[PDB]
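Quick notes on the structure that follows.
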Amino acid sequence: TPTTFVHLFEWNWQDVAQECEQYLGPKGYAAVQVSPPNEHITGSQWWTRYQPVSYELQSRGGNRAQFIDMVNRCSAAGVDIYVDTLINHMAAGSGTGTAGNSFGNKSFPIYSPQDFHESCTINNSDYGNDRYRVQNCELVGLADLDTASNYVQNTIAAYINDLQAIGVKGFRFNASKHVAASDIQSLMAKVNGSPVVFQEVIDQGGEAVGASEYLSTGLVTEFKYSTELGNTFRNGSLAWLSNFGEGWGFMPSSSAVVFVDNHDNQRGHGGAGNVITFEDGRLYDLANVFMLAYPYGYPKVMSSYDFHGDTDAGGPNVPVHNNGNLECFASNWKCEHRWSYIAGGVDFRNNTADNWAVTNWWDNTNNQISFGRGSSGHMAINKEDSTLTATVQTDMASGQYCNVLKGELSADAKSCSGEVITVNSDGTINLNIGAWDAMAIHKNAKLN
Ligand SMILES: C[C@H]1O[C@H](O[C@H]2[C@H](O)[C@@H](O)[C@@H](O[C@H]3[C@H](O)[C@@H](O)[C@H](O)O[C@@H]3CO)O[C@@H]2CO)[C@H](O)[C@@H](O)[C@@H]1N[C@H]1C=C(CO)[C@@H](O)[C@H](O)[C@H]1O
Ligand SMILES: [Ca+2]
Ligand SMILES: [Cl-]
């Protein structure tokens, strides 16, 4: 069962199409979030994608034909496409777009100055006490669309419906806290069918606008998850995670989209240094293992590029699939979705989807934890400086299983490529996990 999606940040359409066929489909990823495919301002910075000029599908990722090719190929491989949709604003200032269209003074190919709110600036203090300014003023000078206007709603809905017609299955509504939830309710009434929609709402608490206001229009990004997980893995105790989720004050599990990090917070935009990213190596593997094994929310794995400290920089000048070479793991594309522990965690989640409970939780009161998903699977993380050798109880059938974080079961089910884990006749496992390592086993990776 598909349970996890991935964000292939700044990947062009040809690269995404091949990745769906060679990796994502076979490994079981449910979908892919792509960078904004609509016309945007020229420039090499990654953020140019968030300044639209029109809704024509001509962007840094490729042209319309290439985009369509990608949706078809991915769809054939069993992988959905989620489009990052800009519903709050248009580009700032004046210039030219990726399809040749020029714009200026709040005048675009599809919008006139009267289709925007009167200009004003959102100040940092407005988030805590002025809901009106947060939703009607400009975010960093971006022209603010009059989202209450029937013309504007019809225009955005037509783009969304056009994308569904092509075959797109879902949408990420970017900068949603800056649009009144009621404006989104009206917009959705114009959208055909019921696609998967997740709204980017950054709410850490104490804001004039809350994430709970968006629960009725689709899923919502739970940013507290990313910050609390990072804070616990770096400065707290893993034993504290025994009741992670609604117990910590997060939104309902069935409404939340979660992640260890995202494209914004891994570079400072809306997230502090406690956020864990690819730069943290093994800490990142372990954080992902917990997230994928834990039954809270709909997770999305991050897929980045080494930005070399430059937070405005765009991606590598070389494709991922470069003439038979995979430009992964080095100083170009990081390809975290291909990392053994992460891919292994996705497999665990997919195979324990018939039991969403946390059973037999165990911890050493600090950084050693273990828990199961009933008879469907069991896992353990060791973040202490010495070997975890405790005997833990599971609800699994006795036998030998592959630690899917380090390998996989052969086609004939007679061998594993990584270490074997034994479940004794009484259901117990005598653990043997080194410092900063983990293990996960499930009922569909049992040796014959
Ligand atoms: C016009 C504006 O362009 C750039 O701003 C970027 C952000 O740096 C980038 O993070 C991204 O913003 C997203 C944000 O991270 C996310 O939380 C939110 O939900 O969605 C945002 C995208 O919609 O994209 C924007 C837009 O490209 C520059 O970094 C900014 O400096 C720049 N502001 C300029 C321009 C003007 C007016 O001409 C001044 O008012 C402004 O002070 C100046 O700095
Ligand atoms: Ca707005
Ligand atoms: Cl997000």
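Chain A residue numbers are taken from the PDB entry; in order, the displayed residues are 1-448. First listed ligand is number 1; within each ligand, the first listed atom is number 1. Note: hydrogens, waters and symmetry copies are ignored here, and every other heavy atom, side chains too, is used.
- The drug placed at ligand 1 in this model is acarbose.
- In this structure, the main binding partner of acarbose, as named in UniProt, is Alpha-amylase.
- Within the 4.0 angstrom cut-off, atom 31 (O) of acarbose has no protein heavy-atom neighbours.
- In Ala92, the part holding a heavy atom less than 4.0 Å from any atom of acarbose is the side chain.
- Of the protein's non-hydrogen atoms, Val140 O, 3.0 Å is the one closest to atom 33 (N) of acarbose.
- An N or O contact shorter than 3.5 Å is missing between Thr48 and acarbose by distance.
- Between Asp264 and acarbose, at least one N/O pair is under 3.5 Å apart.
- Of all chloride-binding residues UniProt records in chain A, not one places a non-hydrogen atom under 4.0 Å from acarbose.
- According to UniProt's Ca(2+)-binding annotation of chain A, no residue has a heavy atom under 4.0 Å from acarbose.
- The binding site of acarbose, defined by non-hydrogen atoms within 4.0 Å, is formed by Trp46, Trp47, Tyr50, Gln51, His89, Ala92, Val140, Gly141, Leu142, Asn174, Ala175, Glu200, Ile202, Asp264, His269.
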